[PDB]
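Polyprotein bound by aprotinin.
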Amino acid sequence: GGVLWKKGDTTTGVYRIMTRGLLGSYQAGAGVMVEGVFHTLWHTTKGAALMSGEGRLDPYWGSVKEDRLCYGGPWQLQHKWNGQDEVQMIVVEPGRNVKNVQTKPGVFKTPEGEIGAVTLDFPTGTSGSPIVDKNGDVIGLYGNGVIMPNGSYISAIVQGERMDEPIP
Amino acid sequence: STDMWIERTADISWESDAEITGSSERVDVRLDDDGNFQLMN
Amino acid sequence: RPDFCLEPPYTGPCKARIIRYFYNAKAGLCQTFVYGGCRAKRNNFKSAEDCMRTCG
């Protein structure tokens, strides 16, 4: 359930994914650049190519089902939530400076297994914002969640294993 | 060309003075083939 | 016009910000709304022209 396949800037960091409407330029989402690779959720760009500084970035791998997508190389993020510690989300809200928020993840209980989840409701356009643990390592991204019957929004902590190294 | 671009906006860091909020309830969900989460599992 | 031109705009459960267009009968014209990136409904168009051509 996935797809494989001038070079743009890849300076490590948190990014805003921009686009233009017939009436203005705006933020569609966000992502994180790590080890020369840009990571974000599939639904922010739908696998389209992106400009980064002077160069272009083409998608390397992406999975609709997993809602994950990376550019300029294989998925480099490999840190996961340990189900205990509190985490922090680097909120990339459109038209606002980046701010971190701390929270104790809840959990998405799925037939497959359990997935960390945060009950944070931020404006539309924050999909792709990274979530980091104590050591400042990205353990996942925000944006793919559910709208609860009580008006609550819960987002999964979307993460994937490192594609470069073996599993075992 | 493309219709989207990216712009670095910050460093990847933890902020000791970050505000704390949100709850941590457990919810039963299913992940459909569209990559979307469904309630009630 | 198709019936889905009567359905209200739907943002969905994802947090991307994708400006789309939907047809608003009351106004007789199409208006922009924020599409979240997932679970799109039919009253969702990439431009005002496409929306008007279909629901005009």
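Numbers restart at 1 for each chain; the letters A, B, ... are given by sequence-line order, proteins then strands. The header says X-ray crystallography, 2.3 Å. No hydrogens, no waters, no symmetry mates; every other heavy atom, side chains included, goes into these values.
Put simply, copies of aprotinin show up as chain C.
Counting only heavy atoms under 4.5 Å, the other chains near aprotinin (chain C) are A, B.
The entry gives the source of chain A as West Nile virus.
The entry gives chain B the name Polyprotein.
If you tally non-hydrogen atom pairs under 4.5 Å between each of C:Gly12, C:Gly36, C:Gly37 and chain A, the highest count goes to C:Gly37. A:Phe122 touches chain C (aprotinin) through its backbone: at least one of N, CA, C or O sits under 4.5 Å from a heavy atom, while the side chain does not. When each of A:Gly29, A:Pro94, A:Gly21, A:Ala30 is scored by its heavy-atom pairs under 4.5 Å with chain C (aprotinin), the top score falls to A:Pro94.
Binding site of aprotinin (chain C), heavy atoms within 4.5 Å: A:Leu22, A:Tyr26, A:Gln27, A:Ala28, A:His43, A:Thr44, A:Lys46, A:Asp67, A:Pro94, A:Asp121, A:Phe122, A:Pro123, A:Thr124, A:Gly125, A:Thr126, A:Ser127, A:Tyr142, A:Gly143, A:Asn144, A:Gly145, A:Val146, A:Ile147, A:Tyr153, B:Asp32, B:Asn36, B:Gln38.
Residues of aprotinin (chain C) in contact with chain A, heavy atoms under 4.5 Å, are C:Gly12, C:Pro13, C:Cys14, C:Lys15, C:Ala16, C:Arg17, C:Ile18, C:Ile19, C:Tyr21, C:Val34, C:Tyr35, C:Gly36, C:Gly37.
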Note each donor-acceptor pair with a separation under 3.5 Å, taking one atom from chain A and one from chain C (aprotinin).
residue: A:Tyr26; atom: OH; partner: C:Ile19; partner atom: N; Å: 3.1
residue: A:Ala28; atom: O; partner: C:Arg17; partner atom: N; Å: 2.8
residue: A:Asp121; atom: OD1; partner: C:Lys15; partner atom: NZ; Å: 2.7
residue: A:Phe122; atom: O; partner: C:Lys15; partner atom: NZ; Å: 2.9
residue: A:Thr124; atom: O; partner: C:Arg17; partner atom: NE; Å: 2.9
residue: A:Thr124; atom: O; partner: C:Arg17; partner atom: NH2; Å: 2.7
residue: A:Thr124; atom: OG1; partner: C:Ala16; partner atom: O; Å: 2.6
residue: A:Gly125; atom: N; partner: C:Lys15; partner atom: O; Å: 2.6
residue: A:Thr126; atom: N; partner: C:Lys15; partner atom: O; Å: 2.9
residue: A:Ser127; atom: N; partner: C:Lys15; partner atom: O; Å: 2.8
residue: A:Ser127; atom: OG; partner: C:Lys15; partner atom: N; Å: 2.9
residue: A:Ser127; atom: OG; partner: C:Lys15; partner atom: O; Å: 3.2
residue: A:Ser127; atom: OG; partner: C:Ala16; partner atom: N; Å: 3.1
residue: A:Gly143; atom: O; partner: C:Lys15; partner atom: N; Å: 3.0
residue: A:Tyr153; atom: OH; partner: C:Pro13; partner atom: O; Å: 2.7

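This deposit refers to chain C as Pancreatic trypsin inhibitor.
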